[PDB]
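The numbers used for chain A are those of the PDB entry, and the residues that appear cover 37-85, 106-630, 692-1273, in sequence. Computation of the quantities below employed the complete heavy-atom set of this structure, encompassing side-chain atoms and omitting hydrogens, waters and symmetry-equivalent molecules. How was it done? The header gives electron microscopy, 3.9 Å. Each ligand, and each atom within it, is numbered from 1 in the order the structure gives.
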Amino acid sequence: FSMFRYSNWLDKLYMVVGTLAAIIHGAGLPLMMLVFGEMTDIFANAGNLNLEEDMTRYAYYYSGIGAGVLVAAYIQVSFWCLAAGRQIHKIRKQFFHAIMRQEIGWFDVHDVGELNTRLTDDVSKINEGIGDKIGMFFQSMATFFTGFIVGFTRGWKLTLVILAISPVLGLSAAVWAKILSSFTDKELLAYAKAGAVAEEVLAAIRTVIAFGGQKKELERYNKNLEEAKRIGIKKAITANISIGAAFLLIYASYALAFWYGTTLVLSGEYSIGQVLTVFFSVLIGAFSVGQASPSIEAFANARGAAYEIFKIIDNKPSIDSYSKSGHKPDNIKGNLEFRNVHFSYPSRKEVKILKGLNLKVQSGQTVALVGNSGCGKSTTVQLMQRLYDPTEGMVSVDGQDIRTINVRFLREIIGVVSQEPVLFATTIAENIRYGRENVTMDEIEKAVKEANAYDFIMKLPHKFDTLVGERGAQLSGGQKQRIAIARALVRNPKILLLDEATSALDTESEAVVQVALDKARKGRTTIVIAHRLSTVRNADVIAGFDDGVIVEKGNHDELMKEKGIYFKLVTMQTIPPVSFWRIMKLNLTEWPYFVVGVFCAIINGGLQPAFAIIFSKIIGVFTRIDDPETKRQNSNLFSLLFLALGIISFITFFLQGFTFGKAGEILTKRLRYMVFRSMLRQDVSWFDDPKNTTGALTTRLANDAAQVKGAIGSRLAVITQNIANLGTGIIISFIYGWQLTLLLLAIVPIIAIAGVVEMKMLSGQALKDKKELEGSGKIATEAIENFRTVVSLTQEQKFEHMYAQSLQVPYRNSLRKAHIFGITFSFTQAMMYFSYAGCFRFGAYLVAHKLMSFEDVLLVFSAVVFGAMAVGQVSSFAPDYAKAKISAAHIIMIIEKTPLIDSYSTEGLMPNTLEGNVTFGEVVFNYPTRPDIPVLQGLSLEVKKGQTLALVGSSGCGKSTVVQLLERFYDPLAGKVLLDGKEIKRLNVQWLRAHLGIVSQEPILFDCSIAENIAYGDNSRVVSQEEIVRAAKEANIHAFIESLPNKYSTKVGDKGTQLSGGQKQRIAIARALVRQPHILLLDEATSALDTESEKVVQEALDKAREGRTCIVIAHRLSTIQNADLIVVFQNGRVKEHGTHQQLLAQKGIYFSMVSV
Ligand SMILES: CC[C@]1(O)C[C@@H]2CN(CCc3c([nH]c4ccccc34)[C@@](C(=O)OC)(c3cc4c(cc3OC)N(C)[C@H]3[C@@](O)(C(=O)OC)[C@H](OC(C)=O)[C@]5(CC)C=CCN6CC[C@]43[C@@H]65)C2)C1
Ligand SMILES: CC[C@]1(O)C[C@@H]2CN(CCc3c([nH]c4ccccc34)[C@@](C(=O)OC)(c3cc4c(cc3OC)N(C)[C@H]3[C@@](O)(C(=O)OC)[C@H](OC(C)=O)[C@]5(CC)C=CCN6CC[C@]43[C@@H]65)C2)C1
Ligand SMILES: Nc1ncnc2c1ncn2[C@@H]1O[C@H](COP(=O)(O)OP(=O)(O)OP(=O)(O)O)[C@@H](O)[C@H]1O
Ligand SMILES: Nc1ncnc2c1ncn2[C@@H]1O[C@H](COP(=O)(O)OP(=O)(O)OP(=O)(O)O)[C@@H](O)[C@H]1O
Ligand SMILES: [Mg+2]
Ligand SMILES: [Mg+2]
């Protein structure tokens, strides 16, 4: 995959013209430097002695080359970006077409989300990897070679030494980049412990809040943050040392080159202009190669990904849903013959589900299926639709094999109502019309009437226009089934397969659905897989599938007389803003560091005007007319000075780095600490919201250093360095004349913006496109995750056309952005050449009257222009400021958060002793996530000291909500709750959490030692190993722990992978019992555990029941039998209360549950 461009045979003209334009543009700059050297030489010759004519001629040369540069740059960038846009459009369209056309098995194998992220990331990477980067690389190569050519043709010795020095700097920069990358990877690795701890704690937020173990997790995260801080400080020091060494090497090379050139010219060789042009061209060539480092790498970054994408296009599917070569029968009579159907799913090919079966079905035969859970009746259903292919068998209709007919046409005549129908997020009318494009409003009404969906469909607003919510959120359990049935019927299917037709909420609509389905069956063959036998009785025939083969056959009476498995089954069943002054939170911790950093930044910035002054003096050495030998010595004084400056730079930068990094890491630590603390000292409701997801929160806490540290330190560093450099240059220039200084000030801004934009053109080329790509994202994703239904009804054509339109809508935007980027880049490039021309023409005109010496004019020009270029480059170098500012605003918002239930708060009551007598009255509460769904209906409970209460009812009554409110996770909307006649709100939060104990319905265990895991139940006190052993004996886990290796030292794995689920539940129960809470709550303690284990847990609870109020929420009525009191929930309202014997005497809802 070295040449992965294949589209728009006429687009290659764009690529070729762009390549030529890039070559000529890169070659131009060395020509500009050559004419600059010639102009300097002629100016020096004039100074030694009509200069106006020569100055005008060279100004015209500058103007012509600048116009050529503008045209070439526009052609290059515009054409290359045009080609990139066209290629990316074609690639995305083809890739989506291939994905939709792919076979079902291939999708079932690979993760669908993986495929979606592959699509988006790979296409974005390819977009970044061609067009702009290719043009930049060709420009860099052309500049390299042309500069070397200019140096050689106008130099024989100085060019050689410059070229030989160049690889030293190149290798130094390469090794610096390599070490920086490796150490950045190491630093990333250094956050593994912190990331894991944060993820585990956030996932266990509920349990940790219940146990009040914030301090230990915070300390662990603090240790991890300290390690990461050391790593980051080392990283920053290394990077700053590398940059300083690069600058030192550059200045050493410049000093050596200028010294050698001065010696050579003093020997009588080529004059100063030749030295200047040769040196500048050599440096341009030697440093242009570095500009190519991203492009090629980006190409590689865009290379491998492309490979993978192409593979997906390459694979021709076994079942081409888009192919039309398949035969198309004219009249399709209802008749099915599946003989020796043997097959298995390639996802797990080891297990063979289909082992050959015989099934002959006539027209309009409601052949029901009977078997066991997982017997493979849904495999027979799937194989019926021709999605897969039998390993060895024959499925035919009307004597013709399934493969003998076109897949699309064959699937069109066959409708399937899956167990979990999915409706696309379109209009209900569009949902119905998905069956066939040629569907009229009258047909839609007829289908609605047949499905008996007229009431539900028309009652809501927009009867034929309502947009179905994501995954039918607005729809109902039976509404989706009715809509699917109507859509299936809209296609006039010949074979209708059904699976779990109305197994969603009840059978009220099931009767209507069955009546509608059975209304028309003469021509439309039917197959049904219904768990309920109600419709089985009316079934024309019933086939019993077992061991991958049909066993039972015949009518219901025949099956009953045959003593089949079906007979036994029937018998049994019957945008906050930001602020800088406010964001100055590092001053307290960096009062003496920021000052040194600013001082070093000022010195580094002033280094540039020092270079300008030194270079101007060096040129003036020969610009002078005295021409003594002393100049040689003077030249040395200048030449050596160069080296000195470099050394100073190498110091300051290093001294800067250790400062800046030290300023950063500290904050990076503190924030990472503080934010995490602020995360724990918050209410659960804050964690209960779409915004706060564990992944989002942990990423925000993880990728925050680079933003806050950037915006704080780097902003000040770059601002100080830039003000130093540019202001010093401006003042020094104004000292040496002002008119030329005024013109150069006028032309500085274009230079600065050009530098900034060109620097940004490498990395941040593609950052705003996604905001439009999402317009198709959903459309693609909706067709990937929910692809089974789409392939079922053959609706890929509409999805691909919609994808085409959604790509077209931003395609014009992409074209326009390409054009504007090209135009602005070309104008930016031409700006420098125009500035050179105008400024030097003005300087020549001024010096003609002896107003200012040529040396002064050159000094001002160099100072101001080089300062503009330096500010552009350095401003581009620093991290982006907007993203950093918004991230810092988010961090400030998080850290400043004030909760409704603050654990850290010391305001509250801390009673010495309590009887644990709970009294809740008129308890009203709603979940802040969905306040429009109240769960509490004014409960009334009064549990006395040493009293056991149990909660029963139907799922969804909020049983777990009672426990949640007991721990004071959520404040009550209304009602009074008192533990021994004391207001809950007035009571302390930490004391309440410690004194009480709970057992999670879904217990989780951290990746800690068994002893440590058990001890984590309690906090703020050292638990002796003897206490842990006694508690384990309480839960009957001491012997189990001893049996396993390491005893309690056995490091429990993540979620206790090694340990059994029942073992994890027992460990959680033991941890809860360690604190010996007065009030203990177990929500489905049994749940999934050994019956003997549940009995042992109940016995252990009873042993400590005395003086320990207990609450139990479990489905095992046997445990509730001995419960002191039982309360049955009725939609959040308690119906009956009292002892179990009283409940038995007072028959009611519980009576049915006990019998059930
Ligand atoms: C004329 C073109 C060029 O000279 C090319 C680079 C950038 N500038 C000139 C000055 C310069 C360079 N580096 C600077 C750092 C701070 C301030 C200025 C510079 C330049 C260099 O060292 O002079 C020879 C350079 C730059 C980079 C550079 C190497 C380099 O020296 C050749 N790296 C290749 C990239 C880089 O992003 C990368 O991915 O390395 C693979 C790299 O990151 C790493 C991993 O170190 C790095 C640090 C050197 C990171 C942040 C900024 N990016 C920009 C590109 C990259 C650099 C050379 C213009
Ligand atoms: C249209 C915007 C712009 O292209 C921006 C820069 C300036 N001009 C274009 C011409 C240009 C650039 N460089 C030239 C060298 C010789 C002749 C012409 C140029 C430009 C570039 O490299 O594009 C390929 C550039 C120039 C520099 C430049 C960056 C730059 O863009 C890559 N640097 C800011 C300085 C520089 O001296 C410096 O950073 O250290 C002091 C820098 O040295 C380094 C470290 O690369 C360098 C270029 C190698 C060296 C010697 C002379 N100084 C003066 C300014 C500085 C340059 C690009 C206009
Ligand atoms: N598309 C599929 N990909 C992979 N495995 C599948 C697929 N469909 C079914 N299976 C698995 O193959 C076996 C066959 O069971 P299948 O799902 O076909 O039964 P069923 O008739 O739907 O019964 P039930 O719904 O009562 O479990 C099961 O283990 C099932 O999980
Ligand atoms: N964090 C939450 N976000 C959204 N809804 C929630 C949240 N916590 C609870 N709910 C809602 O509260 C109810 C959950 O009931 P709860 O589990 O408290 O009682 P239950 O009778 O023990 O439950 P189940 O019958 O499901 O075992 C559901 O309505 C659920 O939507
Ligand atoms: Mg099934
Ligand atoms: Mg529950």
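The drug placed at ligand 1 in this model is vinblastine. In the deposited model, the macromolecule with the most close contacts to vinblastine (ligand 1) is named by UniProt as ATP-dependent translocase ABCB1. The PDB entry identifies the source organism of chain A as Homo sapiens.
TM segments of chain A (UniProt, N to C) within heavy-atom distance under 4.0 Å of vinblastine (ligand 1): 4, 5, 6, 12. The UniProt domain of chain A holding most contacts with vinblastine (ligand 1) is ABC transmembrane type-1 1.
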